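The next PDB entry has mibefradil among its components.
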Amino acid sequence: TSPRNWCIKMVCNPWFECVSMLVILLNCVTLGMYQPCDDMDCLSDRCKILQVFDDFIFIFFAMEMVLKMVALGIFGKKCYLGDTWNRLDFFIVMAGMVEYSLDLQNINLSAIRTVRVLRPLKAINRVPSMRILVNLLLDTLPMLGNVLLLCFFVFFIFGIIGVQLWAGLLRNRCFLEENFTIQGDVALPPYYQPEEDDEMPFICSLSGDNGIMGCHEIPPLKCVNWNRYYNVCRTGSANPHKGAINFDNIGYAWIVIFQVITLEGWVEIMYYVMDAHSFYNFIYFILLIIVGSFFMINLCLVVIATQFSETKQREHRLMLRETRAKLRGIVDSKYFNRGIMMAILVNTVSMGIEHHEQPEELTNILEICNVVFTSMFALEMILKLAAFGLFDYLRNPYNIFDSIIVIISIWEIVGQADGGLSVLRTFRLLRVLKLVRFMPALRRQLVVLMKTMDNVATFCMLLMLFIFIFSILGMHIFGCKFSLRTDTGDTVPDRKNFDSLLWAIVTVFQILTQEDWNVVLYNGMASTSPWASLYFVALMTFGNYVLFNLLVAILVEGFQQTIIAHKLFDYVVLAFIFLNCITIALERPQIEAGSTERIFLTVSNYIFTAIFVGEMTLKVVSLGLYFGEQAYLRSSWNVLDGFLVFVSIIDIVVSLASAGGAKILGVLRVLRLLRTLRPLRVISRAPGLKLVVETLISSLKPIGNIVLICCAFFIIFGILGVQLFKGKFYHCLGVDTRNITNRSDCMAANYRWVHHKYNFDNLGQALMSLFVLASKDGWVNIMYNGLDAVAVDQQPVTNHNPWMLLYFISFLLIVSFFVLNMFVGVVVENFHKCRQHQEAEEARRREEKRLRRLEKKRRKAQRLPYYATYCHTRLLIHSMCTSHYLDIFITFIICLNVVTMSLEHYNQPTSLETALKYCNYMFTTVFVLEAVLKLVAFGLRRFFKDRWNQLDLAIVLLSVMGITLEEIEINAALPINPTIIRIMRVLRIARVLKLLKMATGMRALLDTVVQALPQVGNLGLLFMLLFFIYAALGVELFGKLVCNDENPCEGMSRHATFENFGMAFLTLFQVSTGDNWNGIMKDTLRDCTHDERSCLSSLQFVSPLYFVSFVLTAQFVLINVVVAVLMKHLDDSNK
Ligand SMILES: COCC(=O)O[C@]1(CCN(C)CCCc2nc3ccccc3[nH]2)CCc2cc(F)ccc2[C@H]1C(C)C
Ligand SMILES: CC(C)CCC[C@@H](C)[C@H]1CC[C@H]2[C@@H]3CC=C4C[C@@H](OC(=O)CCC(=O)O)CC[C@]4(C)[C@H]3CC[C@]12C
Ligand SMILES: CC(C)CCC[C@@H](C)[C@H]1CC[C@H]2[C@@H]3CC=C4C[C@@H](OC(=O)CCC(=O)O)CC[C@]4(C)[C@H]3CC[C@]12C
Ligand SMILES: CC(C)CCC[C@@H](C)[C@H]1CC[C@H]2[C@@H]3CC=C4C[C@@H](OC(=O)CCC(=O)O)CC[C@]4(C)[C@H]3CC[C@]12C
Ligand SMILES: *[C@@H]1O[C@H](CO)[C@@H](O)[C@H](O)[C@H]1NC(C)=O
Ligand SMILES: *[C@@H]1O[C@H](CO)[C@@H](O)[C@H](O)[C@H]1NC(C)=O
Ligand SMILES: [Ca+2]
């Protein structure tokens, strides 16, 4: 109408959207300047000006909203309520109106001020790339309901098991005597705490419940040991971690399950529950790891990638001066180019040599050499300007890079007074980047990366918006509420606080990396309410689990003589290899010389080497060493066999030469390492495993260039780290650790001049520290020591130079991007290799899938035995009792049973047990009723062929077995072990499984996993092989590393040490999960108190190689498992 047409001009004007983004950015700025640390009641100017600004902006929001309704209409598909974001904007408008009205009513209620945060979420709808990407995200969201329901499973079963096993157990500390005698001046707390403020509790084991810590393992205090008086332990006190990690209710159980899903603090609660209840709960935790934290979030990745592919194809289907010439020849020679490549390489090498405590001559050598190289660069660029011409020289901008580099270099050389030696030296490092100019394959790799990041930029902006929203929200809820209590007289703010926006964003980023996030989780749950964990759960999910998988989807779719018998000798030698593995599994360094097992170990080694050399001789005389083609060593696996048998022989020889064992100890070490490497021939002796290893190796070459690029970035950033931090990673550790600046003051206090294990003195330790930093673990501490770093030889101060945060965050983003590129490259390469197959052979099954259709034509109607049932008093049973109208009733019964098991908790009222037992009796009754209805509905045939009625009968039979049990204890008929009752109660949970009948998506997804079982099972066998090999290496390398009070352990607490072989397996498993593994390195590399040669040996040269290789190989194997599952899912999706 005409009144509508009056306002059309402005609303359709793009200037209106631009100024709306202007006011959105103003809103982001206004939300930025909030200071919950200082903004008490807004009795300051800036608070008032921000109130004025956001009042004006709210006025603008109201006017623009009302105009755009009155110019577009209301309540219609075309009207204002057409897009979701318009409805959201109306929601902001109404919420702000309500909050303003309440403010006029003089009620603060800072819970509607928790809506101020949601305002920057308005930006998506008016940014086109963002709007499209977010629309695709939302449209592919509804197809994650299946992974959400399976997540409901993995939480619910494990949570019920947890709440029924360890209900309130975690509480029990070791108390004093009930009637204790003390003369006076009672400084003894009621129970025992090793650390102050219950930092590391000492959860006992109740009498009768066989834990491990039974109050007689307490550390003897070091007169008299008062601690021995902490005798009896009961279950009344606060729970571990300031009452945040316990199995009291089901909410806390779900929090614990969430914590172990994200792989942080895992070992701590693992050891807690071991201490409390039983030694055999690592079974529960390992099954939970394997099921949830690996086969689920990776299934979430698979679902995101696949469904994003289909929804993208969907909308796709919707729209569907004579010397000048002479001097040229010297340039384009490809030989002087090689010379200047050697020059640049040696420049990078020299420029990397510099380390801490430089020899005085050496730094002069480096500066002279830098002058020489700069003169050389000046030489060839003064050459190129004339021989080619100015326009020709600028025709390639790489020459412009070179000119800029030399100009900066010469300015630095001129800068011998001040200034230049601070930053221009740091900018010298770009000369390394000159390599891309002449290494050609990287040009293709870099341009591919650029074409990919053409899509990433919008997602990167989306990440900034998302992090901003949650940082502001956390600021609103947690601002000034992390006041960590004093330790020297004043309330020290925790470094992981929310008191200011810079720390808010860096802390949200920390949380997103799943690194020491449980610390702030507890520190937030201890302040407001146990509901504050919903914030971290929401952030973790809507970050890592639905958005970063969206990134991967974006990338992948952007890419888109003597007689011989050989019957079962392989089988028998494989068995012998298994026995060899068994005997490798016992060399833990406690066997005293001359032991019976020692002798058995040695003789077994002798015999097994004899058998291996015998089969060596057999298979060579069948072939011949090198005698023509198709000889022995034409296959690498046979080559490996020969290598390992030869090194075993020389091991035996040197062992027999034990006389005069001086100066051959290093030989003994290397031979022990190699015989630990020995159990690998299974790949040769196993066809499927061999094919798998070939797939691993062949799949690595395509991402070889990406690996080289990542190594180059590691090197360059290591040189950055050396340039910035040289010897600033020193801190005076002491009881005071205050009011002192330099090492002289520290030695005056005589505390210690501690030098960190992760530091940038040379380039090598810089590379190790960068590998840890890029590993998303222990990176917070490195970042802290970076920010706090001040200068060469004095105390770091809290947040001395915050700008290093930019370096430390840029490194994570770049390395994460390169690892993501590696993953997507593996996926696409495997896809192309796969793509040939379904082109090749799947053409042959499409001949038979319609044959199966012809098979179903036989199935039309074989006079099914429905006619037998009717008129036999079961005329309605066969039909009316088999309809969906009664199956949903069973589903509702099961939901009721679920909510009943969601109620048990510690100190539940008596009426609660009575009601729960009544509900269980009702539920088992109705289960028996439906079972009988089925039994009369059909005869014996469906009882077994259904493949479900057996499960139903098992469920009802366990239920009826259970109901008989408490009847025994009501009349005290017979003493029943409480363990039996506990087992019965905890396995009543199996009744949940019947939803799989109704949840067809669960069937589909789990089956899709199942058809990939061969490849992933072979990969799992390979993964166990890798664990075994690295376990043997660890046992022989780090066997003598003792853990005690004299040797403080940060990574290996009690069973994570390298003494025996089982503990080594556990600690390799812990390393493979990226939890405190950098702590394990910090422990293993340690200059000891000269008590053993292991600390003083060359361990520093080898242990980082050990852990780096293990982390890389384990992550690669898991990545390929994920790729196999994803590819099977795509194959099924095409079908
Ligand atoms: C190493 O870089 C990350 C990457 O590539 O993700 C992995 C697993 C990582 N993820 C399970 C959680 C993401 C952790 C994370 N959030 C961040 C936000 C900002 C900055 C850094 C961040 N770090 C790496 C290796 C791997 C191994 C597997 F067995 C299965 C999947 C994967 C991928 C996968 C999810 C694509
Ligand atoms: C949709 C789900 C997945 C994420 C939704 C995020 C928020 C809407 C949720 C998650 C965390 C919840 C918060 C967790 C902690 C708190 C602090 C709590 O504050 C207090 O106890 C003190 C009250 C006062 O000071 O008067 C009030 C509930 C609240 C705001 C909760 C409100 C709703 C929040 C912000
Ligand atoms: C390539 C990325 C993915 C990881 C890099 C792994 C290695 C190339 C790095 C990580 C650990 C580094 C080592 C860590 C410790 C040292 C410090 C330094 O040893 C010393 O302490 C010298 C003084 C002495 O102990 O005698 C020599 C370099 C070296 C071996 C480093 C050499 C380079 C290493 C093996
Ligand atoms: C199937 C393989 C690839 C993975 C699973 C292997 C482990 C579950 C097995 C194999 C080797 C076994 C270990 C071999 C050595 C020991 C012997 C034993 O320690 C002793 O020698 C006794 C000490 C003494 O008597 O003084 C403790 C059990 C343990 C860790 C065994 C625990 C169970 C282990 C780790
Ligand atoms: C540390 O320095 C401060 C500086 O004022 C001083 O007050 C204090 O006495 C010194 N000693 C200790 C133990 O704090
Ligand atoms: C070390 O710190 C003390 C304490 O202020 C100061 O007096 C001294 O000059 C500093 N430098 C030294 C001792 O070289
Ligand atoms: Ca950690």
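Residue numbering in chain A adheres to the PDB entry, whereby the residues present occupy positions 66-287, 316-413, 627-866, 1164-1738 in order. Excluded from the calculations below are hydrogen atoms, water molecules and symmetry mates; all remaining heavy atoms, backbone and side chain alike, are included. If you check the header, you will see the structure was determined by electron microscopy, 3.9 Å. Counting starts at 1 for both ligands and their atoms, following the listed order.
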Task: Positions of mibefradil in the model - done: ligand 1
Open item on the list: Could you peek at this structure and say which chain has the most contacts with mibefradil? A name from UniProt would do.
Closed with: Voltage-dependent T-type calcium channel subunit alpha-1I
Task: UniProt TM segments in chain A contacting mibefradil, heavy-atom cut-off 4.0 Å - done: 6, 12, 18, 24
